[PDB]
Amino acid sequence: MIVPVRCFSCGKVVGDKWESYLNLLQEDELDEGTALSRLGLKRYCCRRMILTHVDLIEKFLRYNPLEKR
Amino acid sequence: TXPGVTXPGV
Amino acid sequence: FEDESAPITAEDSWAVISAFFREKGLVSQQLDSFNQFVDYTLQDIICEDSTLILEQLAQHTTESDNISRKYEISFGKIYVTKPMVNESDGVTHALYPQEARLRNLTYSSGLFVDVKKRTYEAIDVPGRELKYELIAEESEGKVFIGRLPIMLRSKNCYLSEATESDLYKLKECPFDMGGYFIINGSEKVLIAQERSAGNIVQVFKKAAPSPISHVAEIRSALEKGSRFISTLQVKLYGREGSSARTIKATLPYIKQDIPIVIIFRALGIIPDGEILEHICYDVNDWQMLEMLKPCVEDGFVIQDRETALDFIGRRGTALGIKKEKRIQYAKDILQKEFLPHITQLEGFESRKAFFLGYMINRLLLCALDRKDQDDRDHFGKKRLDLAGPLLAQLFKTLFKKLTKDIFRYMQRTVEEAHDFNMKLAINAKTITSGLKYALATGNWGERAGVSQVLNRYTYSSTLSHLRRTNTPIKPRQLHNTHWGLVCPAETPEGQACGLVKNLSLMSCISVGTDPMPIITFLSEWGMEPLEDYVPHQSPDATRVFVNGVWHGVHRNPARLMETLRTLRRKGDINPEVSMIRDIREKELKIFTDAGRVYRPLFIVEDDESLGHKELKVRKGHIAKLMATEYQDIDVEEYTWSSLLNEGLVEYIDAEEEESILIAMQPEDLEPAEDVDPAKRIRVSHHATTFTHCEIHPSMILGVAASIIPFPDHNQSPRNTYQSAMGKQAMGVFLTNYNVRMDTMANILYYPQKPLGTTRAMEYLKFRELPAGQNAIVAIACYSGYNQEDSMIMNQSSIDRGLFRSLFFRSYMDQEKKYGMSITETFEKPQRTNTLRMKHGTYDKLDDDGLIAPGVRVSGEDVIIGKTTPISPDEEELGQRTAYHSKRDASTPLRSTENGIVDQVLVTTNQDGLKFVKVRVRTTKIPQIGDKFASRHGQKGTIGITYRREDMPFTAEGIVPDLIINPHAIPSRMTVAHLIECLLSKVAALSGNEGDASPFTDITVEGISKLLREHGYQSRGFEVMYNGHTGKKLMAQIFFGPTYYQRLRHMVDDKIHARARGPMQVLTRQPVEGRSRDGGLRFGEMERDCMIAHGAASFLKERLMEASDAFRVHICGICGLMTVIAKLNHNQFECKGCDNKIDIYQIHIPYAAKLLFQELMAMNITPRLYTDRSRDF
Amino acid sequence: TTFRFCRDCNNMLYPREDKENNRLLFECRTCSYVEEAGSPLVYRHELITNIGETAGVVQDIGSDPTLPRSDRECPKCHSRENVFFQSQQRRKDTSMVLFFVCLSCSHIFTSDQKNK
DNA sequence: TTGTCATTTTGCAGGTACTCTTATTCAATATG
RNA sequence: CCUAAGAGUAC
DNA sequence: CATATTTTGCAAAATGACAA
Ligand SMILES: [Zn+2]
Ligand SMILES: [Zn+2]
Ligand SMILES: [Zn+2]
Ligand SMILES: [Zn+2]
C-alpha cells in the first residue's frame, strides 16, 4: 500500500528511504542492488523490505476524494 | 445391484 | 537482431505472448461470446419463427359476410440500447456499473423491436382456393419487449471504450477485467458448462449381459432451427458367439428398433447391392459383407419403399393415423425427425441414406476390432457453452413464451372483437423477469449453479473464477487431450475433483461462424456433391465433413487441405475454424461451431534457405512487436492479429491437435544435432518433421498455477493444493475497494511482490496486486511448538506490520411497502412504543437510525434502526399497549464481530424506497491459530509466537519471521520450496528478481554459486545461535526469505462454545451453526465410540440432558401418550381406556415423542409399556 | 468369400443345390437369375484375422507428420527413409510387430522374424 | 398329469463433522 | 423463520 | 382497487406357450 516504516525482522527504519530509492532508480539509472546498498540496507531483510514494496497508494490517489474540502 | 451398484435381485 | 530473418530464441517467445495478452486479455472468451450473442444471435432468434398468423375464417351463416381475415404480426430489426435505469418518478437516465452495484440495480439495457402488423382479406368461396390481399393498413414503431443484462466491458457497456483516466473517474478499477453481470447489485459470473459435442458419431461397446454388443449413436442437433436434441442410435444385436447379428436403428417417435435395411428401402434405395454400396465402401472387405448379410436377410420380407414406409408407420407410436396416411406419417418422421442436422427439407433422401451407411460403417469397423471404441473423455469431443449460447437458449425459450402470449392475446381480442393495442399485447416483464431470475439464481430454466457470485477475495481468485468450467454429472481423470487447454493441476479436492476445470492461460473458446463461405469454397475447389457420389467409381475418395454433416467427397485431399490452410492463414477463413485431415481413415473434417477450445501455436515451414525446418516467426517480427509494445508504454502497429493474418501463428484445438507434431521449444528441437550435470535431462525426440512449435510450455498452466515458483520441482498434489489455496490468499482484490460496498473484504496492510517470480505472473498483474509477503523463514526444530505443520511466528515482526489485515463487512437494509401506507421507516426505536427491541444498545444510533462513520461498534450493538407498522389496539405480554404500533426490525452487528463503522450509504432502490448499506472496518492481526501457507501447499497454523530476543539469530543479527518444522519437507517432497527460498535469498542480496519460471534452465548449482559469491554458504545454511542462552546451535539452519500467504481461515472466526442457547422450534433441539449460537452435532458414530467405551450413563446424558429431555404421560392399558394430565389439579385421565389410576410418566427425548406422534398420525400405534410380558 | 450380386435387379445371390449336374448354383431370390459358381467356398469365418493389420495405407501416407520415420533397409529400393507403424488390428492379443512403407516405392515390409 | 425352456418386467441409493453467502416465496386474469 | 442452491475447511 | 385460482450394476419373478 505505502512503504512500511520499519523492516519487519530487524526493525531498521526504512520508511524514509523510499523516495531516495526511486530517485536513485530514475535519475541516476542505478540498478536495484546498488541503490539498496547506497541507502545503507546491508541485511537482506531490509533489502527485501524496500525491494519488493508495491506502491499501491498511487492508484488509490487516482480516484477523486469522497469528502473533498 | 445394492442399491446402489436391489440385490441382485429385489 | 541485426539480421531480419534470423531464427528466434526461447526468450523471444515471451514477446509473442505479450502481444497475445495485449490483444486478447484474460477474460476474452466471456466478452467475445457475449458480443457474438448480442450482435448476431438476438437477431437470429427474433427473425426465426416469430411470425404470428391468425386466420379468422368467415364462419358465414349468410353469404353476405363470406370474408375470411388473417392478422399477421412480424418482428423486424432489434435495437439494443445503452444500459439505463427507470425510477420511481419515471425519469430515465444512464446507468453506470458503479451505481448499480451500490443501489442494488441490474446493469441491463432495454430491447426494442420493429413490429409490423399486416392484415389480409379473402372471399370465402367454397371450392375456390382462397387468395389473400393487402388492405393497405400497414402499421409498423419500435416496442419495448424487455431488458437484457449486459456484462461489463462488453461492446454495449459504458466501459468498453473507457480510458484509464475515465475508469478512475467512474470509480472503476482499471485492473478490473469485466466479463460478469450485475444482477440486483451482485456480480454474477456464468461458469462455462461442458457438454458432449453434437452431430458426431460415437461407437461404444456394451457389457456381456446386454444383448446388443456395439451401439453407434449421434446426438443430432441443428443450430439454426428448433434447437432440439434427437438421439439416433444404431445397435448391433447379438454377442460375438451369437449367429443372428442384426443391426437395428432407434428412430425417434418409434416404439421399436427398425432394421436398417428397412430404413434404406424407406429412404428410396430398394436394391440390396445399392444398400450395401451405401454401407460398405470396399468390395474386397468381405468381412463386413458377411457381418452385414443378416440385415438384408431380415429385410428381404420388404422389397418396396411404400411397404417400408407402411412398416415404419405401423411401428409408429402415435397409433392415430389411417392406413393410407401412415405413409405420410413415416415420410414426416424421415424428413423432420430423422437426422435433423443434415436437413429439414425434402428431396435429400440420398444424403441421409449416405449418412446412415456411414454410421453403420463405423459401427461395423468397431465391431470388427479395426478401431477402438470412442473415448468419451476426449476433450476434442467436448464443447463449452459460454455466456453466449446459454443466454441464447434461455432467451429463445423466453421469447417463445412471449410470442405465444402475444398470439393468445391476439386470439382473445379478436374473438371478443375488442380493439387491438401493441402495448397491451407485449409483456416486457416476461423477458426481464426470466433473465433476471436465471442470472440471480443458480438454476437455468423457466441445471443449477450455472451463474455464481463472482469471487472477490483476491485478484487471482477473481481471474480463476472468470475462467472456470463445470461438467454436469473416468471423467475425473486428467486426460491427455487436456494438454494446453485446461490447467493440469487446478481443481477442488472434494467431490468436484476433475469435474471442475480451469482454462489454460492461452486457451480460447470459439464463438462460432457461418459455414456457408467454407461450403462455397469447397464446392469451388472441386468437392464432389454427395448426391451423385458412387463409391465404386471413387474408392479412394476422402469424405469431407463440415460441422458433422457429410457434404461430399474429394479426390485430391492434399491440395484441398493446402489451399484451405493458406486461406485460413491469410484470414480469408476465420482462424477459429478447425480443419482436420485423417489420412488413415481418409476423412476431412471442418468444424466452425461454437464451444471448441483451442490454443495458439507457432507455425513451422520448410525454410529452404536454411535447408531445415524452422519457425515462420523471425527476429524482425519480434522487433516489430517490441516496438509496438514500447510505443504503447510513431511507427506502424504490429499486434497479435498481425501475426495471425500473416500466417505466423495458428489456432489449434484438440481435434486438429490429433494430426500435428509439436516441438516443445524451438532452440533445442528445430536445429539438427560437455553438458551441465546440474541441468535436467532432456531429449531431442530424434525426429524432424514438426508442423508447429509450442509458444511456451509454461502456458499449459492456469491462472492459479502460474503463481507457483518452480512448479516442476514439486510433487503434483502440492501444486494442486497451492492452486486451490491461492484463491484463499489475502491481498488487494481491486484498487477501488474503498468505493465498493462488498459483503466481506480482506486487504493486506503491506502486500509485497514475490522475490521469486514467474514470467507468466506479470500478465496476471500479480506484481501490481500481490497477495502475500516475503517472510524470513528458518526451517528448524527449534522449540517443539512447530510440530505437525505448526509454525512459530515472530511476535516482533507481527508488531511491525507483518501479515496485518483490514476486514470490511457490509450490512444492507431496505424499507419495504407492506401496503399502500404501511411503509417501513428508518428511525431510532424507542422502548416506549416499539415491540421486540433487541437487547443491544441503541444509543449509538442518531435521529435517522444510522450510526455515523467513526463510531466504534461492538457485538450485538444495533447499527440500523428500522420499525414496521402493525395493527394497534392490542393488549398482551404484560407491557403491550395501543402505543406499541411499531415492531422493531433493526439490524444488529454480528455477535462475534466488532470494529469501527467505516462508511454508510443511503439511497433509493428501484421502487423508490430508501435503503442503506453500512460498512464496518476492523483490523485482523495474526495470532495463534491463524492459517498461513507458502506457494507450495505447505499449509499450517501458528503454534506459538516468540519475541525477537527469543528467536534464534545469525551472526549478523537477522532473526526469522517464521520457523517451520523440517519434518514437513521430506514426506511432501516440496523441493520447490527450498529452491525458491535459496533463489529469494540470492535475489534479495543481489537486488535482482528471481526468475522462478517452471521450465527454464535455472539450476540449484547456479543459484548456489551466486549465493557463495555473496559471501554466504552456498546451500543456504547459516550458523545460528540459540535465543535463550546465546550458545551456538550444533546444527546449522536453513535460512532465507520465502513468500507466504495469509489464508482466510482465522481462529477467531471459528472458535465457538455453547452452554445453553436457542432451541429448534420443531424438535426442541439446539439450533445449527455458530452464527445462531448453535450446538455441536453428536453424530451416530460418536455415539458408537461412546458405546465402545462402555459409558452408558454419559451417552444417556448426552442424548437426554444435553439436548432434549421431555416428560410425557402414558397409561398402562394402552401405551399411547393420549393421557390428559392436569398437573396443577393433579388429574390424569386417558379417554377411551377410561382409567384414572393407571398412569405413568416417562422421560424420553422430544424427538422420540415427535416420532411417536408422527407414527400415530400415520396410523401406527407405538404402545409403550413399563413392564415385561415375556421372559428373556 | 467374394459375394456377388444379380446383374438384372442388383440383388444378392444365394447358393443352391443342383441335381442334374450336382454343382453349386447361385440363384436370385426375386427375379430367378441363375448362374454358375466361381468357387466352392460359400462362407469364411476368420477366428484369427491376419488381414486388416496393414489397413489404412494410402498412396500419400508419407504426408502424415505424426507417423515416425526410420532408416531401415527397404528390400525393393535399398532406401533409408521410410515411415513405420504398428499393427492396425486393435485386438488386445495382437503382437507389437512393426510395418514399414517406403516413401519412394510404397512397398510394405514387416519387422517380423518367424515369417522371414 | 408333468416337466421345459425361453422372453419380458423388477426395484435405487450413495461417509462424518464444520463455515460462509444468495434468492425466493404462483402471476395474472377475474369478480366483489 | 423455512426451503433450495452455490462456494469452502479437516478427514 | 384487492384476494382467489390455474452413471451404475443382474438375478430372478413373471409370461407365453406345450406336448404329449
Ligand atoms: Zn532489516
Ligand atoms: Zn389409554
Ligand atoms: Zn435378380
Ligand atoms: Zn522402397
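In what follows, every chain begins at residue 1, and chains take the letters A, B, ... in the order their sequences are listed. Portion of entry displayed, and contacts counted within that portion, nowhere else. Method on record in the header is electron microscopy, 2.5 Å. Computed over heavy atoms, backbone and side chain alike; hydrogens, waters and symmetry mates excluded. Residues carrying modifications are folded back to their parent amino acid or marked X, and whatever atoms they have beyond that are not scored as contacts.
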Could you tell me the main partner of chain B here, using whatever name the PDB entry has for it? NTS(non-template strand)
Out of interest, what does the PDB call the drug at chain B? actinomycin D
Chain letters near actinomycin D (chain B) (heavy atom < 4.5 Å): E, G
What name does the entry use when describing DNA chain E? TS(template strand)
